[PDB]
Chemist: 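Take a look at the following structure, please.
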Amino acid sequence: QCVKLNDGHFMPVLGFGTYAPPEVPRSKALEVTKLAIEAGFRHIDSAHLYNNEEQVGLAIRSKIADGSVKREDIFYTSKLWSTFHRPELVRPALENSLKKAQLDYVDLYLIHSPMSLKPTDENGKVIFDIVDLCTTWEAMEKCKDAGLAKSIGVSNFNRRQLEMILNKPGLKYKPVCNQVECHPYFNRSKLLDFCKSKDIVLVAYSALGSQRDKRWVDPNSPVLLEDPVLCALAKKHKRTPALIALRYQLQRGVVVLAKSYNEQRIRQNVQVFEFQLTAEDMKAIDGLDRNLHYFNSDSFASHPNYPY
Ligand SMILES: NC(=O)c1ccc[n+]([C@@H]2O[C@H](COP(=O)([O-])OP(=O)(O)OC[C@H]3O[C@@H](n4cnc5c(N)ncnc54)[C@H](OP(=O)(O)O)[C@@H]3O)[C@@H](O)[C@H]2O)c1
Ligand SMILES: COc1ccc2c(c1)c(CC(=O)O)c(C)n2C(=O)c1ccc(Cl)cc1
């Protein structure tokens with residue numbers, strides 16, 4: 001149920017996505033993260049940006065206190081926000097996340113995105129900052145050495161951006177993973193091949209087609225789970241299009257996140273371990289790739305470090 005990371009730690013291959021939009025009451029993250037642990041999720045994905053680390057933390061603490069799980073059974077990820085890339089800001093950001101969650105360590109700390117921000121303009125484009133991410137990475141390594149994070153990694157990096165870290169003089173720890181948008185309409189095959197060649201785990205987010213946030217996502221973009229190929233695979237397997245999309249990533253060797261704030265769907269998504277897709281099913285899903293990143297807004301697309 002886990003994969004061994006390149007620093008010797010283990011990451012469960014199914015993770016629970018904890019982001020919900022601002023209109024969902026903060027209290028809901030506490031309820032649903034408890035439900036996710038009850039259903040059998042052990043990898044829990046959060047971030048400073050999600051404004052939910054207090055609630056997600058309390059859910060973890062509550063399920064430890066009631067005997068359901070031990071802390072060593074949970075794999076909890078947080079992430080460094082883009083206004084904290086200057087290296088002197090990295091360990092204080094991580095300490096803040098640890099304080100909000102009331103944890104002694106995170107299992108994984110990620111650079112959330114390569115697009116550094118000043119610690120929006122009149123045009124509505126984010127105000128970029130120019131930071132050498134190798135210096136941010138050195139600060140992340142110091143966080144692992146201090147024991148604040150068991151493992152460190154990155155998110156939203158392209159090949160070139162990952163290479164800059166991998167080729168850094170005096171590198172101490174490689175990133176254990178690159179968490180990126182990844183689903184049948186944007187399957188990141190070339191990037192997955194590169195990550196495998198460097199023993200970096202690719203972690204898929206928006207694997208179910210994202211929450212379609214108006215800020216970032218064109219409403220005209222076709223809806224992943226209404227795709228007829230996925231719908232026909234779901235009917236053939238007597239599963240659901242979400243379970244087809246999750247199973248596809250596991251069979252490729254990608255670790256997959258799934259967000260749900262619905263009790264039935266949370267319980268459904270752990271069924272991904274209960275069935276397999278055939279070679280022909282996998283080829284049919286591979287045929288859907290159309291270079292569609294749902295995140296697609298003017299506000300980021302002209303950032304100097306935009307990864308697409
Ligand atoms: N690193 C980054 O830059 C980044 C960016 C985006 C997301 N993430 C992480 O990835 C997590 C997952 O991505 P995401 O939030 O974009 O959502 P997602 O996992 O793609 O899920 C999209 C929608 O699928 C629905 N859903 C879940 N299970 C389903 C099922 N069995 N059947 C039908 N619909 C189902 C959910 O709605 P209901 O809640 O109504 O079930 C959810 O809103 C996020 O929560 C966050 O942890 C990271
Ligand atoms: C589908 O593509 C994305 C990409 C990033 C997303 C989201 C969706 C959502 C919403 C969702 O998950 O559907 C959130 C909240 N994102 C962020 O966390 C985020 C992280 C880094 C940056 Cl620089 C900007 C935004």
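Residues: numbered from 1 along the sequence shown. Method of determination (from the header): X-ray crystallography, 1.6 Å. The analysis underlying the following values was restricted to heavy atoms, covering all of them including side chains, and did not include hydrogens, waters or symmetry mates. Whatever order the structure lists ligands and atoms in, that order sets their numbers, starting from 1.
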Chemist: Identify the drug located at ligand 2.
Modeler: indometacin
Chemist: Please name the chain that forms the largest contact set with indometacin, as given in UniProt.
Modeler: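 The chief partner is Aldo-keto reductase family 1 member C3.
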Chemist: Using heavy-atom distances, let me know which of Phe295, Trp81, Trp216 sits nearest atom 4 (C) of indometacin.
Modeler: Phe295
Chemist: Other ligands and ions under 4.0 Å from indometacin: which ones?
Modeler: ligand 1 (NADP nicotinamide-adenine-dinucleotide phosphate)
Chemist: Give the closest UniProt active-site residue of chain A to indometacin and its minimum heavy-atom distance, rounded to 1 Å.
Modeler: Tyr50, 3 Å
Chemist: At under 4.0 Å between heavy atoms, which part of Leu49 makes contact with indometacin: side chain, backbone, both or neither?
Modeler: side chain
Chemist: What do we get for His112 next to indometacin when only non-hydrogen atoms under 4.0 Å count, side chain, backbone, both or neither?
Modeler: side chain
Chemist: Who's the nearest protein heavy-atom neighbour of atom 1 (C) of indometacin, and how far?
Modeler: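 Nearest neighbour among protein heavy atoms for atom 1 (C) of indometacin, to 0.1 Å: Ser206 OG, 3.3 Å.
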Chemist: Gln211 versus indometacin: do any nitrogen or oxygen atoms come within less than 3.5 Å of each other?
Modeler: yes
Chemist: Any idea which atoms of indometacin are less than 4.0 Å away from a heavy-atom of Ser210?
Modeler: 1 (C), 13 (O)
Chemist: Identify the organism of origin of chain A according to the PDB entry.
Modeler: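 It's listed in the entry as Homo sapiens.
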Chemist: Taking the residues UniProt annotates as binding substrate in chain A, which ones lie under 4.0 Å from indometacin, judged by heavy atoms?
Modeler: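 Short answer: the UniProt residues with a heavy atom that close are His112.
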Chemist: Within indometacin, which atoms have a heavy atom of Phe300 less than 4.0 Å away?
Modeler: 23 (Cl)
Chemist: Just let me know how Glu181 lines up against indometacin, side chain, backbone, both or neither, with a heavy-atom cut-off below 4.0 Å.
Modeler: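 Under 4.0 Å from indometacin, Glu181 contributes side-chain atoms alone.
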Chemist: Look at atom 18 (O) of indometacin and find which of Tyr205, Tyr19, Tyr50 reaches it with the closest heavy atom.
Modeler: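 The nearest heavy atom belongs to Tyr50.
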Chemist: For indometacin, which residues make up the site at a heavy-atom cut-off of 4.0 Å?
Modeler: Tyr19, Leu49, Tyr50, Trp81, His112, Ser113, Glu181, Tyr205, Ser206, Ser210, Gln211, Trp216, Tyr294, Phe295, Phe300
Chemist: Could you pull out the N/O contacts under 3.5 angstrom between indometacin and the surrounding protein atoms?
Modeler:
from	atom 1	to	atom 2	distance (Å)
indometacin	2 (O)	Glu181	OE1	3.4
indometacin	13 (O)	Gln211	N	2.9

